[PDB]
There are 4 protein chains.
Amino acid sequence: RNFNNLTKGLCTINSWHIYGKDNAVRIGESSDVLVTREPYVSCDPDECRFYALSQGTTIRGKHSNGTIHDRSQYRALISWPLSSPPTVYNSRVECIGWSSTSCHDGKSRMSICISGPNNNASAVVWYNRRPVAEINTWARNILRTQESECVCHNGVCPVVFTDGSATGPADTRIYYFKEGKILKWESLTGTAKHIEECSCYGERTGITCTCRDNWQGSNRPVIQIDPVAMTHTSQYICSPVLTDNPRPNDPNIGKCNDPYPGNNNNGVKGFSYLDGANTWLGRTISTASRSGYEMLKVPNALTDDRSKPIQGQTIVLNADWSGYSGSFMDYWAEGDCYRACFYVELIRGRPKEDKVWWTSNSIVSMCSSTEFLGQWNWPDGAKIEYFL
Amino acid sequence: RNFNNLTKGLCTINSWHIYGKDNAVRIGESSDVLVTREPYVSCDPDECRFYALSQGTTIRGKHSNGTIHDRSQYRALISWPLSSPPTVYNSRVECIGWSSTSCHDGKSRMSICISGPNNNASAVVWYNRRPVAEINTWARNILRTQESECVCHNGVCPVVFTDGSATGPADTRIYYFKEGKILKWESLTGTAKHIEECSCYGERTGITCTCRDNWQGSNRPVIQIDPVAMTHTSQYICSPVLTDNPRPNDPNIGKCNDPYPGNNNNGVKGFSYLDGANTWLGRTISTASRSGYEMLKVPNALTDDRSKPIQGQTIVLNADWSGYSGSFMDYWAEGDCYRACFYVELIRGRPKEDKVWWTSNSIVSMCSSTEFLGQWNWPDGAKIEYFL
Amino acid sequence: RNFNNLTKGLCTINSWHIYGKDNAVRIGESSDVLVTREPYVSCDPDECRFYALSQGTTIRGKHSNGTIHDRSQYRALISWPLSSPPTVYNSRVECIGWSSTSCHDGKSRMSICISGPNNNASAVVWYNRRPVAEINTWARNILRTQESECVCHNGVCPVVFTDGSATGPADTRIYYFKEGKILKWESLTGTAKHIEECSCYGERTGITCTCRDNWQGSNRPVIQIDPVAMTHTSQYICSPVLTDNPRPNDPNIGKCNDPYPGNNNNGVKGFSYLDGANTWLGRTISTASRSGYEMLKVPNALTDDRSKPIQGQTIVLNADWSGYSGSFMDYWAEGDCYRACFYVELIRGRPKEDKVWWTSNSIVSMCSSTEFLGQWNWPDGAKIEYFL
Amino acid sequence: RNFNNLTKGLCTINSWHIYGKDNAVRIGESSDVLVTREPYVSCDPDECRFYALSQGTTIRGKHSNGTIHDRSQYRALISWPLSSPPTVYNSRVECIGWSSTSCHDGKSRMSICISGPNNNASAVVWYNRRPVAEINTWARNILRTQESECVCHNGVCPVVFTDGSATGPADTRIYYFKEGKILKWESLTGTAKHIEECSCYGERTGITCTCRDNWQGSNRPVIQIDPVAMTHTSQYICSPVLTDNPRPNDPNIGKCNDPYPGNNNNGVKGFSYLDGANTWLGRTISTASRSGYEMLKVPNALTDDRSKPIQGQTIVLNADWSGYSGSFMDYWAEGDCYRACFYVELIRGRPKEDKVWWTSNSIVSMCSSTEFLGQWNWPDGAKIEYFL
Ligand SMILES: *[C@@H]1O[C@H](CO)[C@@H](O[C@@H]2O[C@H](CO)[C@@H](O[C@@H]3O[C@H](CO[C@H]4O[C@H](CO[C@H]5O[C@H](CO)[C@@H](O)[C@H](O)[C@@H]5O)[C@@H](O)[C@H](O[C@H]5O[C@H](CO)[C@@H](O)[C@H](O)[C@@H]5O)[C@@H]4O)[C@@H](O)[C@H](O[C@H]4O[C@H](CO)[C@@H](O)[C@H](O)[C@@H]4O[C@H]4O[C@H](CO)[C@@H](O)[C@H](O)[C@@H]4O[C@H]4O[C@H](CO)[C@@H](O)[C@H](O)[C@@H]4O)[C@@H]3O)[C@H](O)[C@H]2NC(C)=O)[C@H](O)[C@H]1NC(C)=O
Ligand SMILES: *[C@@H]1O[C@H](CO)[C@@H](O[C@@H]2O[C@H](CO)[C@@H](O[C@@H]3O[C@H](CO[C@H]4O[C@H](CO[C@H]5O[C@H](CO)[C@@H](O)[C@H](O)[C@@H]5O)[C@@H](O)[C@H](O[C@H]5O[C@H](CO)[C@@H](O)[C@H](O)[C@@H]5O)[C@@H]4O)[C@@H](O)[C@H](O[C@H]4O[C@H](CO)[C@@H](O)[C@H](O)[C@@H]4O[C@H]4O[C@H](CO)[C@@H](O)[C@H](O)[C@@H]4O[C@H]4O[C@H](CO)[C@@H](O)[C@H](O)[C@@H]4O)[C@@H]3O)[C@H](O)[C@H]2NC(C)=O)[C@H](O)[C@H]1NC(C)=O
Ligand SMILES: *[C@@H]1O[C@H](CO)[C@@H](O[C@@H]2O[C@H](CO)[C@@H](O[C@@H]3O[C@H](CO[C@H]4O[C@H](CO[C@H]5O[C@H](CO)[C@@H](O)[C@H](O)[C@@H]5O)[C@@H](O)[C@H](O[C@H]5O[C@H](CO)[C@@H](O)[C@H](O)[C@@H]5O)[C@@H]4O)[C@@H](O)[C@H](O[C@H]4O[C@H](CO)[C@@H](O)[C@H](O)[C@@H]4O[C@H]4O[C@H](CO)[C@@H](O)[C@H](O)[C@@H]4O[C@H]4O[C@H](CO)[C@@H](O)[C@H](O)[C@@H]4O)[C@@H]3O)[C@H](O)[C@H]2NC(C)=O)[C@H](O)[C@H]1NC(C)=O
Ligand SMILES: *[C@@H]1O[C@H](CO)[C@@H](O[C@@H]2O[C@H](CO)[C@@H](O[C@@H]3O[C@H](CO[C@H]4O[C@H](CO[C@H]5O[C@H](CO)[C@@H](O)[C@H](O)[C@@H]5O)[C@@H](O)[C@H](O[C@H]5O[C@H](CO)[C@@H](O)[C@H](O)[C@@H]5O)[C@@H]4O)[C@@H](O)[C@H](O[C@H]4O[C@H](CO)[C@@H](O)[C@H](O)[C@@H]4O[C@H]4O[C@H](CO)[C@@H](O)[C@H](O)[C@@H]4O[C@H]4O[C@H](CO)[C@@H](O)[C@H](O)[C@@H]4O)[C@@H]3O)[C@H](O)[C@H]2NC(C)=O)[C@H](O)[C@H]1NC(C)=O
Ligand SMILES: CCC(CC)O[C@@H]1C=C(C(=O)O)C[C@H](N)[C@H]1NC(C)=O
Ligand SMILES: CCC(CC)O[C@@H]1C=C(C(=O)O)C[C@H](N)[C@H]1NC(C)=O
Ligand SMILES: CCC(CC)O[C@@H]1C=C(C(=O)O)C[C@H](N)[C@H]1NC(C)=O
Ligand SMILES: [Ca+2]
Ligand SMILES: [Ca+2]
Ligand SMILES: [Ca+2]
Ligand SMILES: [Ca+2]
C-alpha cells in the first residue's frame, strides 16, 4: 500500500444526501450503548468509521449521572462501524483521553489523545495502534486539539493544537507528523486571533481548516496549511454570513482579519468547504442555542465580505438539538474528485434537557451530490420521557 | 474475482427444504433484537445474509411504540448473518432509508436506499460500501423500489422503481446499473397496469420479476428483463391461480394483459418462479388477510390462462401470520443449475395483534430440492402474552 | 488445502486433562445465553468450536418455558468459540433442525440437520455453508442422527442414521458422503440390535462408533466402519463394565453379540475409545440417573467379556448432573498420534430440577495426557435458587 | 514469520504515559462484564490484548456472590481487546484454570493454565491454541505460576512455577518451553528465599523477573534468567526502597541476599525495571494496604543497598484501591529500543468494600516516555453505591 496524495479537487456540490446515522440515543434506551460526545467520521482505504469520546459508561448505567463533565479519567477515543451505535461490545478503543484527532495516511492510522489535569495535560500520538510520540503541555492550561479528523498528504499529517485560555489569547501550534513522529511544529501565524477545534479537509496539495473563535468572534477563523512546505496562513471567513453559535444577526459586511463582535466567550465546533463558487457553509439555525443545522451555498465566502447565500439545504430542524459539526472525506473513493462530507453531533440531555442527568449524542452524516436532491430533516429521534 | 454471468437454468423443483429461520421475535423477547420489517435474503460469492429495514429501536425498547409507521428518519437497511436474529451488536448497516434493494455482481455489492419526505424522496446508490450515484424523485410521491434483492449479469444490475400513486396509474422505471453508475433507464412498457415491490431472479441471460399490482389486480404483474440489451416486457401471470392478497377466489380463467378484479387498493409483496413445467407460485393461504403461506406447482402459469395446481407444499399454517415474500438464489453455489429459493416475512404485532404497540417480524427461508421431501410448517413461534 | 487422512493412531492415554468448559448456565443467569441441549465439539484445521442444538430462546427469556420439548421449529444447530457460552451475539447458525451431525474433511465442513414432523422428517446436508443434498425419511418415524461429530477420511464422511421405533427394531443406515454428495448408503449389519446417537472417532484408516441401545441393552453397541471400502460391522462392547444409563450392576460376564438385559426403553448418548490395552470407557456414576461421570481404563473391553477396570478418573461427582457424552479429536494437531478427547453435557433444569420451567446445559471437555495427572471434578456450577 | 530475539535494550525512561484503561467496573454496572482478577497485558506481533482470570459470571449476575474465592472450576484465562472491558461477548478463552501465564514467541502464543484441587493441581501448556504438554504437581500444595506474561527469546520461553507452602520454604522451578514442549526445568537457585508471582521482561538476551516474597521479606526477590544457556540466578533488590505490601517503613540500608523483616505471611504481586541508572520501581503508596500506586526512579536499586529515589510519578492516589501490578513490553514495536510498560490491577469489592458481595477489578496501563510528561492519577472510577 501507499501514502495517499491529495491530487484531486472537490466535486461540484449541488446538494447533500444522507450518508450515515446511528440513532444511538434511541437504541441506547434499551441496549448497552456507550455515552459519548465530540463525535466525528474518518475513513481508512477500505472502511469508514464513526469516532467519539466515550464517557466510560452506558446511558442506562447509573454512572451516566454527571456526564456533562468534559474531562475525566474514564474518557477514551472509540471507533465503531458506520451507522451502528457506539456499544460496549462493538467499539474499538483507539487511545485514552478527553480530546482527540485521527486520520489515515494511506498506510496506517494515526490517533492522538490528550489526557491529564488542566495544568499538566499531555498528548500521546499513536501510529499503527502503537504509541510513538508524546507532547507535554506548553502553556499548562488544558492542552487540546481538533475533535475531528486530520488530513494527510504524502505521509505528512498536520494537526492543530491549542494551549492556554479559552477566552483570551492562547498558544496555538500546528504540528506536522509522519508515521507518528514529529517533523516540525510552528506557532500560529496570520490574522486569526483565537483558535479552537479545527475542522479540516484536503484538496489539490492544500489543507483547509475551519475553526472556532471562542473569544470575541462569531465569524470563523480559517487556517490554510501547505503540507509539503509545512507552512500555514490564517484569517477569518470574510462573509457576513456568520457561522458560529451563538452569534449576532447577519450584517451586510463581514470581517476578514478580525473577529466579528457581539458574542464573547463561547462558540461551537463547525466546518466549511471553501472552493470559490463551490463554497458551502454550515451553521446552526438558531443564533442563540445549539439547535437546527443548515448548509448555505455562499460563493467566495472566504474572500468576499459582501457575499450572501444563493442556495441552501436544511439538515436539522430548528426545533431539534444539534451540536458540533465537522468535515471529512473518503480520499480512497473512486472518481476524479473528492466528494465533500460532514457530520452533525445531535446532543441530547444536559444542559438543555435536565430531566435526565446525563449528556450524550447521536450522529447524522451527509455527503455532496452533483444532483439537485430533495431535502429532509434528520433529528436524533429519542424521546426523553422514556428515559425518566 | 469476476462479474457473475447468468449461464445456468433452474434446477428441477420437486419440493422445498428449510434453508434459514432466525426466530427474531422469540429471541428478541429478552435480547437486544432490532425491530424490523420488509426482510429479504441475498448472497455474496462467499456468504449468504439476511437483510431488512430496521426501525432504529429494539423490540423491548420503548421506542418500538408506533413502529407500524412505514417511513421515518430512524430506518436503515441492515444485514446480518444467515439464521441469526437482527441485533444491535451483530447487524451491519448498508445505507439509510425506508425502501431498499441490494445485490452482488460477483465483484462487489450494490445497495440502494431511498429516504426523504413523500414529495421529495431520493435514492442513494452504494457500491462497494461507498455512495456512488443519486436519483431524485420524478413524480414527487414516495419514490420506492423492490424490497428484495436485484440480480446482476455481467456487471449490469436492473432495478425496478416506482413513483406516484399506490392506488392508480404511477411512474415505474427500470434502471440499469453497473458498478453503481447509471447506464440507462426506461419507462415501464407492456400490458402491466401497476407495479410495486418486484421480486426477481436470474436464469440463462434472462431476469424475471414478479410484482404487486396494488391498484386493481389480484393476479401478479410480471416484468421480463433482458440485461444485455437492457430492454423489458411486462404482463400478468395468466393463471387463474391468483397469488396476491387480499384476492377473489380462484376462477377457471385468468387474465394475461389486464388485472383480475374484485379487490382494489391493496396487495402484498410476493414472488414466483416461472419455468415452463417447472413453475411454482407462492401465495398466502387466506384470501382475506396475511396469514398462511403455500407453494403451488402450476405448469405454464405465466402463459396458460386455464392452468391449475398439480402439486403443492404448505410453508406456514393459515392459523399463523405471514407477510411479504420474495425470491433469491445463490448464484455462486456449485452445480450445473441454480436452485430456487425464497423467504417469507412473518409479521407480528400491529395491526393484527394490537395488544402490543409495536410491529416486527421474523424470517423463514426455503430452497428447492429434486427430492420429494416431507413438509412441515414454520410459524414465527413467539407468544404475544410474554410481551405484555 | 487437502483432504485429511487418518494415518495416525491414538496417543497412549494415561489420564485426562481439562480442555474446555463454558459455564453457560452460570453466565446465562444474567446474560443473553441461548438455551441448548445435545452439545458436542468439533475441530476445523485452524480452530475448535462448541456445537449444540439451540431452542431459539435465551434462558432468562420467557420462551424458555417448556424447553424440555425435543423437536420444534425453533431449534437450530449452532456453533460458537471454544469455552465461551452460546450467546445470541456470538453464535453462528449451521443449519435448521432438531437432530444433527458435523465434521470437517480438511477442505470444508459438512453439517447435517434433520427437521420436520415425526412422520415426515428430512435431512439437509450442508457443505461449505451451502445446502447440497437432501434425504427423506424412509420409515416415517423421527429420522435422526448422531448428535456429535462425524469423521472424514480422504474426503469420505460416514454418518449413522436411524429411522423407526426408539423401543424396538428400527431402520439404521450408514451414509457415506463426499463434499456433501451421497456416494453410498447401506442398511445396518452385524449383531447390534438397536442403534441410537453414535459417537465416533478415527484412527489408522478405521472409524469407530460407540452408540446407544435404547431398546434392551445396557452394554453399548459398536459400529466399525471402513471409510475406503465403505463397509461396516457391528457388535456390542463385550466387557461386563456396562456403560449405558440406566443400567444393571456390573456382572462378571458381558455380552458381545446381544444386549445385556435389565433395563428397557431408555439410555443415554455415550462414547468409548477402543484401543487394545489403551481402552478407556466413559459412563455415568449413577446406575439409575444421569448424574456423575467417570472414565475407566478397561483393557480389551471390546473383545474380552471378563475385562474389568485397572485405572480410572472421575470427571463429574455423583452429586452433580451429567448427560450426553461423546468423542472428538483434533485431527490437525501436531505430533505422530491423535489425542483422544471427549465432552460431557451437564444438564440443568427439567426433569430433575423442576423449580424452573426450562431445560438447558453447559459443557465440560477433556483430552488425554501421557502424564499421570491429578484429577478434579467439574460441575456445571449454577445455583437453581438464583433462577427463581 | 520468525522467532522474536531480544536484541534491544530499554528506552531511557523519563516518565510514564497512559497506555490503556478499561473502566470495567463502571461499565459492568449495566453491561454483561465478566468478574475477573489477576489481570495482565501481553502483545502479539500485530496486536496487544488484556488478559485476566474470569470467575465464570458477570458482576450483576447473582453468581458473583462469593467471588473473593480464589480457586474454582468456573475460572478461566480470558483475553480481550486493549482498553475494552472483559465482556461475555468479546472475550476469548485461552485455557481453563485459576493461575496462568502467557506469551507470544513471534510465531505463536503459548498459554499455561493450572487447575485442580490444592493437593493435585496440574498445568496444561497450550501452544497455537492447542494443548501440547502437561505438568503434574510436585509438592501437592497449589501448583501456581506468574499471573503475568512470560518472555521468549529465539523460541525459548522461561516460566517460573512454585509448589508448596505460601508461608515457608516451597519448591520453585524454572521451566523452559519451546513451542509448548518442555526443554528443561531446574530448581530455584541463588539467595532468594521464597518466590511467588514473578513479573518478567526481556532485554539484550537477558530476562529479568521481579517476584513476591510471601514469607518474610518486604524487599522483592529477583530472578535473572539466561534463555540461551537456560540458567538463572536469584537475589533480592538491595535498595532500602521497599516495594512489597504490606511492608515496614523504608530504612537506610537494604538487604541483597536475605528478606527484609517486619511483615510476614503476605505480599502483593509487583514489578520493577532494573536498568542501572534507568531503574524504576513500582509500589503501593500505603505500607499497610493495597491502595495507591507510584513509580520511583531508584538508580542501581538492584545492587546498591543505600540507593534512594531521585524522581517519581504517582499512578493511583492513596485514596484509591490498587492491587497486583506487572510488566510487559511490545517486543514488535518500531525503534531501536524496547519501551517499558506496566499495568496496575484496581481491585474493587471484597475484602475492602464489603457492602457488595463480589470481588472484581479494572485495569490501568502505562508505558515509558523519553519526554518529561505531566502526571495524572487513574482511579477505577466506579461508585459502590450504584451496585447496592
Ligand atoms: C424539495 O427539495 C428541494 C431541494 O432542497 C427544495 O428546494 C430548496 O428550498 C430551500 C428552501 O426554500 C432553498 O434554500 C433557500 O435558498 C435561499 C437562496 O435561494 C434563493 O435566493 C437566490 C439568491 O437570490 C439573490 O441573488 C440572485 C442573483 O443570482 C437574484 O436573482 C435574487 O433576486 C437575489 O438578489 C436565488 O438565486 C434563488 O433562486 C433559485 O432557486 C429558486 C428555488 O429556491 C428557484 O425558484 C429559482 O428559479 C432559482 O432557480 C432563490 O430565490 C436562501 O437564501 C435560503 O436561506 C435563507 O433562508 C433560510 C430560511 O428558509 C434561513 O435559515 C437561512 O439562514 C437564510 O436566511 C438568513 O440568511 C440571509 C443571509 O444572511 C438573511 O438575509 C436572512 O434574512 C436570514 O437571516 C436570518 O435568519 C438566519 C438563520 O437563523 C440568522 O442567522 C440571521 O441572523 C437572520 O435572523 C434557503 O437556504 C434551496 O435553495 C432549494 N433548493 C433548490 C435546489 O431549489 C424544495 O423546496 C423541496 N420541495 C418541497 C415541495 O418541499
Ligand atoms: C408428507 O409430506 C408430503 C410432501 O409434502 C405430503 O404430500 C403432499 O400433500 C399435499 C397435501 O395433500 C399435496 O399438496 C396438494 O396438492 C394438490 C394437487 O395434487 C393433487 O392433484 C393433482 C392434479 O390433479 C388433477 O390433474 C390430474 C392430471 O394429471 C388428474 O389426474 C386429476 O384427476 C386432477 O384433474 C394430482 O396429480 C395429484 O396426484 C398425485 O399426488 C397424490 C398425493 O398428493 C398421489 O396420491 C397421486 O398418486 C399422484 O402422485 C393430487 O391428487 C393441490 O391441489 C393442493 O392445493 C389445493 O389444496 C390446498 C389445501 O390442501 C389449498 O391450500 C390450495 O390453495 C389448493 O386448493 C385451492 O386451489 C385450487 C386451484 O385454484 C382450487 O380448485 C381449490 O378449490 C382451492 O381453492 C380454495 O382455496 C384457496 C386457498 O385459500 C383459495 O385461494 C381459493 O379461492 C379457494 O377458496 C395441495 O397443494 C402435495 O402435492 C403432496 N406432495 C407429494 C409429493 O405427494 C404428505 O401428505 C405428507 N404425509 C403426511 C402423512 O402428512
Ligand atoms: C490425585 O489424582 C490421582 C490421579 O487421578 C488420584 O489417583 C487415582 O485415584 C482413583 C481413585 O482411587 C483411581 O481410580 C480407581 O481405580 C481403580 C482401579 O485401580 C485399582 O485396581 C487396579 C486393578 O486391580 C486388580 O487387578 C490387578 C492386576 O494387575 C491386581 O493386582 C489387583 O489385585 C486387582 O485384581 C490396580 O492395578 C490399581 O493399583 C495401582 O494403582 C494404585 C492407585 O490407584 C496404586 O496404589 C498401585 O500401586 C497401582 O499402581 C488399583 O489398586 C478402579 O477400580 C476404580 O473404579 C471403581 O471404583 C469407583 C469408585 O471409586 C467406581 O466409581 C468405579 O465405577 C469402579 O467401581 C465399580 O466398578 C467395578 C468393576 O465393574 C466393580 O467391581 C465395583 O464394585 C464398582 O461397581 C459398583 O459401582 C459402579 C459405579 O456406580 C456401578 O456401576 C456398579 O454396578 C457397582 O454398583 C477407580 O477408577 C485412579 O486409578 C488413580 N489414578 C492413579 C494414576 O493412581 C489420586 O487419588 C489423587 N490424590 C488425592 C490425594 O486425592
Ligand atoms: C506536573 O507533572 C510533573 C511530572 O510528573 C510533576 O513533577 C513531579 O512531581 C513529583 C512530586 O513532587 C516528583 O516526584 C517526587 O520526586 C522526589 C525526588 O525528587 C526530588 O529529590 C531528588 C533527589 O534529591 C536528593 O538527591 C540529590 C542528588 O542529586 C540532591 O541534590 C538532593 O539534595 C537530595 O539529596 C532531586 O534531585 C529532585 O530535584 C529535581 O526535581 C525537582 C522537581 O521535583 C526540581 O525542582 C529540581 O530542580 C530537580 O530537577 C527533587 O528535589 C521523590 O523523593 C518523591 O518520592 C517521595 O515522596 C512521595 C510523596 O510525594 C512518596 O510517595 C514517595 O514514596 C517518596 O517518599 C518516601 O520515600 C523516601 C525514600 O525511601 C523516604 O525518604 C520518604 O520519607 C518517604 O517515605 C515515606 O513514605 C513512603 C510512601 O508511603 C513509605 O513507604 C515510607 O515508609 C515512608 O512512610 C516523589 O516521587 C517528580 O519527580 C516530579 N517530576 C518531574 C519531572 O519534575 C509536577 O509536580 C506537576 N505539576 C503540577 C503543577 O502539579
Ligand atoms: C477548554 C476550552 C474548550 C474549547 C472551547 O472547551 C470545549 C468546549 C465544549 C462545548 O462547547 O460543548 C466541550 C469540549 N469537550 C470542551 N473541550 C475540552 C478539552 O474540554
Ligand atoms: C407507498 C405504497 C407502498 C407499496 C404499496 O406501501 C408499502 C406497503 C406496506 C405493506 O403493505 O405492509 C409496507 C411498505 N413499507 C410500504 N412501502 C413504503 C415505501 O412505505
Ligand atoms: C497460594 C498462595 C498464592 C500466592 C501467595 O495466593 C495468591 C494470592 C492472592 C492475593 O494476594 O490477592 C490471590 C491469588 N489468586 C492467589 N493465587 C492462587 C493460586 O490462589
Ligand atoms: Ca465565538
Ligand atoms: Ca392487488
Ligand atoms: Ca439402553
Ligand atoms: Ca512479603
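Chain naming is simple here: A for the first sequence line, B for the second, and so on down. Following the PDB entry, chain A shows residues 83-470, kept in their order. Shown for chain B, in order and in the PDB entry numbering: 83-470. Residue numbering for chain C follows the PDB entry, covering 83-470 in order. Quick note: numbers on chain D are straight from the PDB entry, i.e. 83-470, in order. No hydrogens, no waters, no symmetry mates; every other heavy atom, side chains included, goes into these values. Atoms within each ligand, like the ligands themselves, are counted from 1 in listed order. We read in the header that X-ray crystallography, 2.4 Å was used to get this structure.
By its PDB name, the drug at ligand 6 is oseltamivir carboxylate. Bound to oseltamivir carboxylate (ligand 6) with the largest number of contacts is the chain that the PDB entry calls Neuraminidase.
At a heavy-atom cut-off of 4.0 Å, the other chains in contact with oseltamivir carboxylate (ligand 6) are listed as B.
Near oseltamivir carboxylate (ligand 6), within 4.0 Å on a heavy-atom basis, the structure shows B:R119, B:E120, B:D152, B:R153, B:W180, B:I224, B:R226, B:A248, B:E278, B:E279, B:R294, B:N296, B:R372, B:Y406.
If you check which protein heavy atom lies closest to atom 4 (C) of oseltamivir carboxylate (ligand 6), you get B:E278 OE1, 3.8 Å. Close contacts between oseltamivir carboxylate (ligand 6) and B:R294 involve ligand atoms 5 (C), 8 (C), 11 (O) [criterion: under 4.0 Å to a heavy atom]. Scanning the protein for heavy atoms near atom 9 (C) of oseltamivir carboxylate (ligand 6), the closest one is B:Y406 OH, 3.0 Å.
Listed by number with element, the atoms of oseltamivir carboxylate (ligand 6) under 4.0 Å from a non-hydrogen atom of B:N296 are 5 (C).
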